[PDB]
Peer 1: 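One structure coming up, written as structure tokens, with questions to follow.
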Amino acid sequence: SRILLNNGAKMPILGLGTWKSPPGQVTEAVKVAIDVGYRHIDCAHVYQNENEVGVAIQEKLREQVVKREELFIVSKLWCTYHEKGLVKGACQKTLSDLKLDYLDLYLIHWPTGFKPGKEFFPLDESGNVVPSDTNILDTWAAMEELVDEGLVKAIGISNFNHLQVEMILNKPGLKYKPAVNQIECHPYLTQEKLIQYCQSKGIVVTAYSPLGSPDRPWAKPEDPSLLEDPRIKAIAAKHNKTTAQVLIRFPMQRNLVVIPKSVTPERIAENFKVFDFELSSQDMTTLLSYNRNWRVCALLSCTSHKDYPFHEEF
Ligand SMILES: NC(=O)c1ccc[n+]([C@@H]2O[C@H](COP(=O)([O-])OP(=O)(O)OC[C@H]3O[C@@H](n4cnc5c(N)ncnc54)[C@H](OP(=O)(O)O)[C@@H]3O)[C@@H](O)[C@H]2O)c1
Ligand SMILES: O=C(O)Cc1nn(Cc2nc3cc(C(F)(F)F)ccc3s2)c(=O)c2ccccc12
């Protein structure tokens, strides 16, 4: 149920996502999750609910349902903090909100730096995001210092394409390799090329939006529905499991970590019940065949950033 990272630590292959979890409901969602067995929580400052996640974690530690060493807590450096001088402060705010004295993993959330300020998405008068003149290698060095200071046990990246991964790997004076690349991944966006690249470099891949993020605020009704894909439902039926459970088990069997989000206690529990069955090799290849290169997570206003990651093939 855990995978070995290149930093020597073990990461649970199933975690709870918290993007879009309302602040008034996420405390209970994370308490329920830890009660039913989750030991990995995926967080971010930009999700604006870390204080409330933190309440849950702290309460379960206080109740001795879990000890700190058994938890694997992940957070992410937001785009407006890529400057070398801001990275520590961003990490300590996340730590302060989560009521932790270290993070198990801290990720560069997106490869694109934006102008620092109070705005998460600073725009110019015509709507383009205002970039920062920070490059991912200086940002990376600043992340490495967090390891040396003991604020984080591992560092990694997210939404980096393979040329941007390669840039870090080739960084002159590279001190800690990224441990994880967290990317969008589901049967409509299977990422075989990027995943193979990352794994071949011993970088663990975490698959986000594994259910297709049907609650993403920019969803359109024309938009496909993984959960309602009758081919996926048939595979679930074959296994006496729900479609969500198949969608969660699928990345696990490609040696990925996967982080489904839910604030519904029945679904939190359901999503955890994925260790009692296995998809066949043929099931796996069939699921891979549904790839559409359909990406649910990105943003127009950022398309001219120099470091925009999805122009590349992979
Ligand atoms: N690094 C990045 O840039 C990045 C980007 C996107 C996401 N992520 C991370 O990955 C997580 C997961 O991705 P996501 O939030 O985009 O979406 P997701 O996990 O693919 O989908 C969550 C949606 O599915 C619903 N759902 C959950 N379990 C279900 C089940 N068993 N049956 C039916 N519906 C179910 C949830 O509903 P309820 O909550 O109402 O139950 C919610 O509407 C995020 O929360 C975040 O932690 C990271
Ligand atoms: O980030 C989350 O975890 C989920 C997430 N995704 N997106 C879609 C995005 N698309 C991007 C594209 C770039 C780009 F690199 F391409 F420029 C940079 C940054 C982003 S945010 C959002 O706009 C967002 C807003 C608030 C909280 C979470 C999110």
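Residue numbering for chain A follows the PDB entry, covering 2-315 in order. Values below: all heavy atoms of this structure, side chains included; hydrogens, waters and symmetry mates excluded. Determined via X-ray crystallography, 1.6 Å. Whatever order the structure lists ligands and atoms in, that order sets their numbers, starting from 1.
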Peer 1: Drug name at ligand 2?
Peer 2: zopolrestat
Peer 1: Which macromolecule in this structure makes the most heavy-atom contacts with zopolrestat (ligand 2), going by the name UniProt uses?
Peer 2: Aldo-keto reductase family 1 member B1
Peer 1: In the protein, which heavy atom is nearest to atom 28 (C) of zopolrestat (ligand 2), and how far is it?
Peer 2: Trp20 NE1, 3.1 Å
Peer 1: For atom 6 (N) of zopolrestat (ligand 2), what's the nearest protein heavy atom and its distance?
Peer 2: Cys298 SG, 3.5 Å
Peer 1: Which residue and atom, if any, anchor zopolrestat (ligand 2) through a covalent bond?
Peer 2: none
Peer 1: Which residue supplies the protein heavy atom nearest to atom 17 (F) of zopolrestat (ligand 2), what is that atom called, and how far is it?
Peer 2: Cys303 CB, 3.0 Å
Peer 1: Going by the order shown, which atoms of zopolrestat (ligand 2) are within less than 4.0 Å of some heavy atom of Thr113?
Peer 2: 14 (C), 15 (F), 17 (F), 18 (C)
Peer 1: Return a yes/no value for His110: is any of its N or O atoms, backbone included, closer than 3.5 angstrom to an N or O of zopolrestat (ligand 2)?
Peer 2: yes
Peer 1: Is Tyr48 in polar range of zopolrestat (ligand 2), meaning some N or O pair under 3.5 Å apart?
Peer 2: yes
Peer 1: Tell me the source organism the PDB entry gives for chain A.
Peer 2: Homo sapiens
Peer 1: Quick one: look up the protein heavy atom nearest atom 12 (C) of zopolrestat (ligand 2) and list residue, atom name and how far away it is.
Peer 2: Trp111 CZ3, 3.4 Å
Peer 1: With a cut-off of 4.0 Å, which atoms of zopolrestat (ligand 2) are near a heavy atom of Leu300?
Peer 2: 10 (N), 11 (C), 12 (C)
Peer 1: Which residue holds the protein heavy atom closest to atom 24 (C) of zopolrestat (ligand 2), what is that atom called, and what is the gap in Å?
Peer 2: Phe122 CZ, 4.1 Å
Peer 1: Ignoring angles and geometry beyond distance, decide whether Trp219 reaches within less than 3.5 Å of zopolrestat (ligand 2) through its nitrogen or oxygen atoms.
Peer 2: no
Peer 1: Starting from atom 10 (N) of zopolrestat (ligand 2), locate the nearest protein heavy atom and write down its residue, its atom name and how far away it is, to 0.1 Å.
Peer 2: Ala299 C, 3.1 Å
Peer 1: Show the distances, to 0.1 Å, for all pairs joining an N/O atom of zopolrestat (ligand 2) and a protein N/O atom that are shorter than 3.5 Å, listing one pair per line.
Peer 2:
residue	atom	partner	partner atom	Å
zopolrestat (ligand 2)	1 (O)	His110	NE2	3.1
zopolrestat (ligand 2)	1 (O)	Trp111	NE1	2.9
zopolrestat (ligand 2)	3 (O)	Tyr48	OH	2.7
zopolrestat (ligand 2)	3 (O)	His110	NE2	2.7
zopolrestat (ligand 2)	10 (N)	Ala299	O	3.3

